[PDB]
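We number chain A the same way the PDB entry does; the residues here are 544-555, 561-687, 747-915, in that order. Recorded method for this deposit: X-ray crystallography, 2.8 Å. Just so you know, ligand 1 is whichever comes first in the structure, and atom 1 is the first atom listed for that ligand.
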Amino acid sequence: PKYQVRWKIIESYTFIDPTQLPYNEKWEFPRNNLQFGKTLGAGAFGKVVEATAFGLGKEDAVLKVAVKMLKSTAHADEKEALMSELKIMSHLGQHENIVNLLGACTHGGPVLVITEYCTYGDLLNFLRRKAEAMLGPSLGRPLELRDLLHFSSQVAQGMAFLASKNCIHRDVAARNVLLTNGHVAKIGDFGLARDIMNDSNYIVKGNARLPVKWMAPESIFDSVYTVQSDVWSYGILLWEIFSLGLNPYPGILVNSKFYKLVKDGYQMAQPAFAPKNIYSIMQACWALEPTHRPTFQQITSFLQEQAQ
Ligand SMILES: FC(F)(F)c1ccc(CNc2ccc(Cc3c[nH]c4ncc(Cl)cc34)cn2)cn1
């Protein structure tokens, strides 16, 4: 019922309490120096809105940002989740292949979290509209196999960075990958700003809405989340990419049988656009034994090599 932050930092499994993380007032930014535009994504209690920031950063830039905020329908545990998210992003630091923190507004009003604007939006929709744009002439530059490999390595690169900081995403999916200028992939998370209550990709499992089709077995059955369980989810993401945005396990209802099959080593078939090389990587990510899955660094070095 109560919303909890998605990413987790391990210290020992012992997770650190994000509410205990410091908030540097250096990230502080005047809310008046923001001019909001259209909403980029909205959930039940939160949303992400595009905006122009004036004098943001060291070079006093005037650029377009994405700003995350809560609605009025938010309780004390959304308010805390947003603050924990902010503290986590600060702690992690910056990387080219994640959605970076640009600033925050914590004084004189609701908490606003300012992040990078990614002009092409989420990866899943990009791939879907892209496939449609290519089938068009039969019925923007088209995609090539190299683009898929680049997207994949870029996300794995961002996930490699997170793991190096002992950070666990817990919702790795194409819907949570953003595409910025030059079509560079960045791993983020809409979280509060996603309509999970009406998203068919999120299944009711007891008292939660979970992205079951992206989840490792140990997460589904034991509620265990590791870097390795993210790797499983990455394998599903890899399948999303090389199928140009198909739903995982197409047509299959999530039920007792589905959980049974997953547990018993059932794996999706090779996607239409995946080289044998890449399907093997998927299969490795779907090892039932977590410590037998590849590390994000192994995946990154392999995919970078594949992108030539
Ligand atoms: F703390 C945690 F909750 F775990 C956590 C840490 C980091 C993050 C990453 N933060 C964010 C924030 C907003 C977004 C959505 C978003 C951005 N830039 C965009 N540009 C365009 C569009 Cl169309 C959507 C976006 C994605 N990730 C999320 N949650």
Recorded drug, ligand 1: PLX3397
Largest contact partner of PLX3397 (ligand 1) in terms of UniProt: Macrophage colony-stimulating factor 1 receptor
Chain A: source organism in the PDB: Homo sapiens
Heavy-atom distance from PLX3397 (ligand 1) to nearest UniProt active-site residue of chain A: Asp778, 8 Å
ATP binders in chain A (UniProt) with heavy atoms under 4.0 Å from PLX3397 (ligand 1): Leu588, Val596, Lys616
UniProt domain of chain A touching PLX3397 (ligand 1) most: Protein kinase
PLX3397 (ligand 1) binding site, heavy-atom cut-off 4.0 Å: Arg549, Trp550, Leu588, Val596, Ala614, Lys616, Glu633, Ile636, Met637, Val647, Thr663, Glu664, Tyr665, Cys666, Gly669, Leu785, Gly795, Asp796, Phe797
